[PDB]
Asker: 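Model contains grazoprevir. Questions to follow.
Numbers in chain A track the PDB entry; the residues on display, in order, are 989-1179. Remember, it's 1-based here, ligands and their atoms both numbered in the order they're listed. In what follows, every heavy atom counts, from backbone to side chain, and hydrogens, waters and symmetry copies are set aside. Method of determination (from the header): X-ray crystallography, 2.0 Å.
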Amino acid sequence: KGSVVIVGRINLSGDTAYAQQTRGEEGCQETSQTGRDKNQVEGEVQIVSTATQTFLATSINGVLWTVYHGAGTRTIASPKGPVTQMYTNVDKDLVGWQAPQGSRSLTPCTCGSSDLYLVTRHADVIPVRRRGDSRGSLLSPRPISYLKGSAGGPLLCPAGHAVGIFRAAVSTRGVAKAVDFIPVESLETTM
Ligand SMILES: C=C[C@@H]1C[C@]1(NC(=O)[C@@H]1C[C@@H]2CN1C(=O)[C@H](C(C)(C)C)NC(=O)O[C@@H]1C[C@H]1CCCCCc1nc3ccc(OC)cc3nc1O2)C(=O)NS(=O)(=O)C1CC1
Ligand SMILES: [Zn+2]
């Protein structure tokens, strides 16, 4: 099993929400084996890939977070070498590494706003309302297809702070009504 390789970012740089591929299939395959990745990394939200899976990962106060169901127990490739997991919790579906060289980090939310925004692998910013600790209702029903591959991605409050990490979609008859996420509180207890 190779290392997770950062293959793009979801950009909230300026006044538009958009994804950028920064590596291709073959070169990803090459980098996973060794774990040595020179590539220019930027930003808070990374697109990350394994041999079979592509998903998201979000840096929040110096730690890159994602889902175990995506990342398994794998290292993540870095300029120096494979980077071992800092945090690992299979029940929470959570893994964390040190935040990558080049990254920015989001700040945990302190607002307690319930208006939230899920950022997807397609670079859509989808509005969500807080349902409670770890659930949030989409204002606009989507098929599961649409959200698939956006695990590891942030739910942001209106200040652009992180509320949590997208974990799963609450679906009936193929339609996501709500989403499940790992709250920052739970990260900050995991830390
Ligand atoms: C729509 C996008 C959605 C974010 C995505 N997540 C999933 O697909 C998860 C993974 C798996 C099933 N998922 C679901 O979302 C299901 C599904 C019907 C399939 C939508 N929904 C669901 O259970 O609803 C129940 C209320 C919630 C209860 C919570 C479920 C538990 C979460 C979960 N935890 C663990 C911990 C450890 C494991 O060890 C290997 C494995 C796990 N697997 C898990 O669920 C995603 O995009 N992934 S991804 O990016 O495509 C892939 C590359 C990584
Ligand atoms: Zn906030």
Asker: Which ligands or chains in the shown structure match grazoprevir?
Answerer: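 All copies: ligand 1.
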Asker: Would you say grazoprevir (ligand 1) has an N or O under 3.5 Å from any N or O of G1137?
Answerer: yes
Asker: Using distance alone, decide if grazoprevir (ligand 1) has a nitrogen or oxygen within less than 3.5 Å of any nitrogen or oxygen in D1081.
Answerer: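 Yes: some nitrogen or oxygen of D1081 is under 3.5 Å from one in grazoprevir (ligand 1).
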Asker: Could you establish whether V1078 and grazoprevir (ligand 1) come within less than 4.0 Å of each other, counting only heavy atoms on the residue side?
Answerer: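 It does; at least one heavy atom falls under 4.0 Å.
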Asker: Would you tell me which option among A1139, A1156, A1164, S1138 has the nearest heavy-atom contact to atom 14 (C) of grazoprevir (ligand 1)?
Answerer: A1156
Asker: Would you mind telling me if grazoprevir (ligand 1) is within reach of the side chain of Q1041, the backbone, both or neither, using heavy atoms under 4.0 Å?
Answerer: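 Just the side chain.
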Asker: How does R1123 reach grazoprevir (ligand 1), if at all, at less than 4.0 Å between non-hydrogen atoms: by side chain, backbone, both, or neither?
Answerer: side chain
Asker: Which atoms of grazoprevir (ligand 1) are found less than 4.0 Å from any heavy atom of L1135?
Answerer: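 Result: 1 (C), 2 (C), 47 (O).
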Asker: Do any nitrogen or oxygen atoms of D1168 come within less than 3.5 Å of a nitrogen or oxygen of grazoprevir (ligand 1)?
Answerer: no
Asker: Pick whichever of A1157, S1122, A1166 has a heavy atom sitting closest to atom 16 (C) of grazoprevir (ligand 1).
Answerer: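 Minimum heavy-atom distance to atom 16 (C) of grazoprevir (ligand 1) goes to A1157.
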Asker: Provide the number and element of each atom of grazoprevir (ligand 1) under 4.0 Å from a heavy atom of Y1056.
Answerer: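 The list of qualifying atoms is 37 (C), 38 (C), 39 (O), 40 (C).
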Asker: Give, by chain and number, all residues and nucleotides of other chains with a heavy atom within 4.0 Å of grazoprevir (ligand 1).
Answerer: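 Using heavy atoms under 4.0 Å, it comprises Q1041, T1042, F1043, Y1056, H1057, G1058, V1078, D1081, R1123, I1132, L1135, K1136, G1137, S1138, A1139, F1154, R1155, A1156, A1157, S1159.
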